[PDB]
Novice: 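Pasting a structure here, questions to come.
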Amino acid sequence: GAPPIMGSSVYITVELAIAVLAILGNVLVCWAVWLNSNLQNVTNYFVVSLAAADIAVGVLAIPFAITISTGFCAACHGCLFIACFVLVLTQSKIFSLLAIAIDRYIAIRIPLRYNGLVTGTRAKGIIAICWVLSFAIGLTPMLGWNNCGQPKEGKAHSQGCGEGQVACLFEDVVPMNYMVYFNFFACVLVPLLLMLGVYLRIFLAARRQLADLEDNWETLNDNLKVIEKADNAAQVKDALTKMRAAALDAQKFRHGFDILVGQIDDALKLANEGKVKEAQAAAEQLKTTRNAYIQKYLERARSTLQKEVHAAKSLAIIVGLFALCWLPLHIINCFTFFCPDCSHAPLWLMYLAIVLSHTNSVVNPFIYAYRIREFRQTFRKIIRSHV
Ligand SMILES: Cc1c(C#N)cccc1-c1cc(-c2cn(Cc3cccc(C(C)(C)O)n3)nn2)nc(N)n1
Ligand SMILES: CC(C)CCC[C@@H](C)[C@H]1CC[C@H]2[C@@H]3CC=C4C[C@@H](O)CC[C@]4(C)[C@H]3CC[C@]12C
Ligand SMILES: CC(C)CCC[C@@H](C)[C@H]1CC[C@H]2[C@@H]3CC=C4C[C@@H](O)CC[C@]4(C)[C@H]3CC[C@]12C
Ligand SMILES: CC(C)CCC[C@@H](C)[C@H]1CC[C@H]2[C@@H]3CC=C4C[C@@H](O)CC[C@]4(C)[C@H]3CC[C@]12C
Ligand SMILES: CCCCCCCC/C=C\CCCCCCCC(=O)O
């Protein structure tokens, strides 16, 4: 067996590199929100809670991980705390991520009421409430769901540990049924699936709204055809009534729809009197209102929904990379736990899976920079002005 300090040295050098980049990158996220009022919306308060958790990974959870890989003699419950602290920070990120998905779902489903429902003061109260539950979830082992009542006394002796001490190792003190049933299944997988449902519902909503617009637009332009090409009064009235509801429905900028419906009322009135050619010609005045007001709403509405879709995809990539960085390690615990006949994943793979999970704390800054113009532009200023 190769001197264990050769593998540890690599693992540790890598952990530190990752802690450095987690700190830098998420500091930049915070500095960017601090400085650009275009980034000071509720959604980004959760971005900031997320970046704080990732700063805390680099400043505390990674040094803790390095520590608890040595097996050092430690009081069992102090071992548990350096083992479990990172579970808190991770739970924090899961709640931020879920909050964000719900925020954008409210934003696209009821845009009209979002600013009176989703306020900065309520966001901050939700964040605080989430941090406190994260401490309760990730430190639950401290409350007694732990292996400190059944230490490995042979192992503690072979290391000369004091009395009451254990060799301090994540899997020796944190029970694996906590890690699998409670943490993984219930505190991680259930929320990720929820977030999956929510982003589903967001994309469906957006897809339905865009079609509604495109329908309303076609109701508008086809019912005109029916008018130009009629020779009967009632044909004109019928086609106009179907433009008016499709106009009021799209209304749900004002000069544009006032004129439009008013001109439709104008033409409806003419058509009820049997003035076919006089209604057909008043209808034609609508086309002028279409080109100048309605088609510009169609397009800005389309543009806003495409931006929400693009934004929601950017945030779902954050959640997928969270899942990618953490599932291997969860999957390993599931084998450790459910297959006592299987050999334990080898050390080298544990190294790989642990460092992989920690790299998640580096990736969010890059997503913002690659996918969110306002962040990317801010990031450039901060770098230039303070190289
Ligand atoms: C925390 C967590 C979460 C969260 N949040 C989610 C899923 C799984 C885990 C998680 C984490 C760790 C772990 C172990 N170490 C210290 C360390 C470093 C290098 C090598 C070694 C040895 C002794 C070789 O095993 N041990 N750091 N994290 N171990 C396990 N099974 N699960
Ligand atoms: C604000 C931040 C920097 C505070 C950080 C405090 C951290 C590093 C402290 C608080 C609790 C501490 C632990 C409490 C108890 C023990 C048991 C002892 O046998 C070995 C050290 C160990 C495991 C400590 C390690 C350091 C520790 C984790
Ligand atoms: C989420 C994406 C990246 C997929 C990740 C799947 C990974 C974690 C899977 C693929 C193959 C798996 C390994 C296959 C075989 C063994 C041997 C067994 O004795 C312990 C589990 C162990 C060591 C598995 C650990 C988890 C593993 C490495
Ligand atoms: C959406 C997906 C990623 C959710 C997570 C899937 C998890 C729960 C699945 C993926 C593959 C599964 C493992 C496949 C094989 C074995 C070996 C068996 O002897 C014990 C169960 C165990 C260890 C399974 C446990 C559950 C498992 C780890
Ligand atoms: C913004 C910071 C939020 C502060 C949250 C503090 C709430 C902590 C909630 C439950 C913690 C449960 C674990 C208690 C550790 C006790 C240590 C011991 O057992 O010796």
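Along the sequence shown, residues are numbered consecutively beginning with 1. Whatever order the structure lists them in is the order used to number ligands and atoms, beginning at 1. Atoms considered below: every heavy atom in the structure, side chains included; atoms not considered: hydrogens, waters and symmetry mates.
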Novice: Could you check ligand 1 and tell me the drug name?
Specialist: etrumadenant
Novice: Under the nomenclature of UniProt, which macromolecule has the greatest contact count with etrumadenant (ligand 1)?
Specialist: Adenosine receptor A2a
Novice: If you take every non-hydrogen atom within 4.0 Å of etrumadenant (ligand 1), which residues does that pick out?
Specialist: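 The site of etrumadenant (ligand 1), heavy atoms only, is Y11, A65, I68, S69, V86, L87, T90, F170, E171, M179, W326, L329, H330, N333, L347, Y351, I354.
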Novice: Suppose we measure from atom 1 (C) of etrumadenant (ligand 1) to each protein heavy atom; which comes out shortest, and what is that distance?
Specialist: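 Residue, atom and distance for the closest contact: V86 CG1, 3.6 Å.
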Novice: Under 4.0 Å from etrumadenant (ligand 1), which transmembrane segments of chain A, in UniProt's order from the N terminus, have any heavy atom?
Specialist: 1, 2, 3, 5, 6, 7
Novice: Give the residue, atom name and distance (to 0.1 Å) of the protein heavy atom nearest atom 16 (C) of etrumadenant (ligand 1).
Specialist: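 Nearest neighbour among protein heavy atoms for atom 16 (C) of etrumadenant (ligand 1), to 0.1 Å: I68 CG2, 3.4 Å.
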Novice: Looking only at protein heavy atoms, identify the closest one to atom 13 (C) of etrumadenant (ligand 1) and say how far it is in Å.
Specialist: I354 CD1, 3.8 Å
Novice: Where is the nearest protein heavy atom to atom 24 (C) of etrumadenant (ligand 1): which residue, which atom, and how far?
Specialist: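 I find the closest protein heavy atom is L347 CD1, 3.0 Å.
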Novice: Which heavy atom of the protein is the closest neighbour of atom 9 (C) of etrumadenant (ligand 1), given with residue, atom name and distance?
Specialist: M179 CE, 3.6 Å
Novice: What do you think, any protein heavy atom under 4.0 angstrom from atom 22 (C) of etrumadenant (ligand 1)?
Specialist: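 Protein heavy atom within 4.0 Å of atom 22 (C) of etrumadenant (ligand 1): absent.
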Novice: For atom 17 (C) of etrumadenant (ligand 1), what's the nearest protein heavy atom and its distance?
Specialist: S69 CB, 3.5 Å
Novice: Is etrumadenant (ligand 1) close to any UniProt-listed adenosine-binding residue of chain A, that is, with a heavy atom under 4.0 Å, and which ones?
Specialist: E171, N333
Novice: Looking at the neighbours of etrumadenant (ligand 1), which other ligands or ions sit under 4.0 Å away?
Specialist: none
Novice: What residue and atom, counting heavy atoms only, is the protein's closest point to atom 3 (C) of etrumadenant (ligand 1), and at what distance?
Specialist: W326 CZ3, 3.2 Å
Novice: List of N/O pairs, etrumadenant (ligand 1) versus protein, all under 3.5 Å?
Specialist:
| unit_1 | atom_1 | unit_2 | atom_2 | d |
| --- | --- | --- | --- | --- |
| etrumadenant (ligand 1) | 5 (N) | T90 | OG1 | 2.8 |
| etrumadenant (ligand 1) | 31 (N) | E171 | OE2 | 3.3 |
| etrumadenant (ligand 1) | 31 (N) | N333 | OD1 | 2.9 |
| etrumadenant (ligand 1) | 32 (N) | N333 | ND2 | 3.2 |

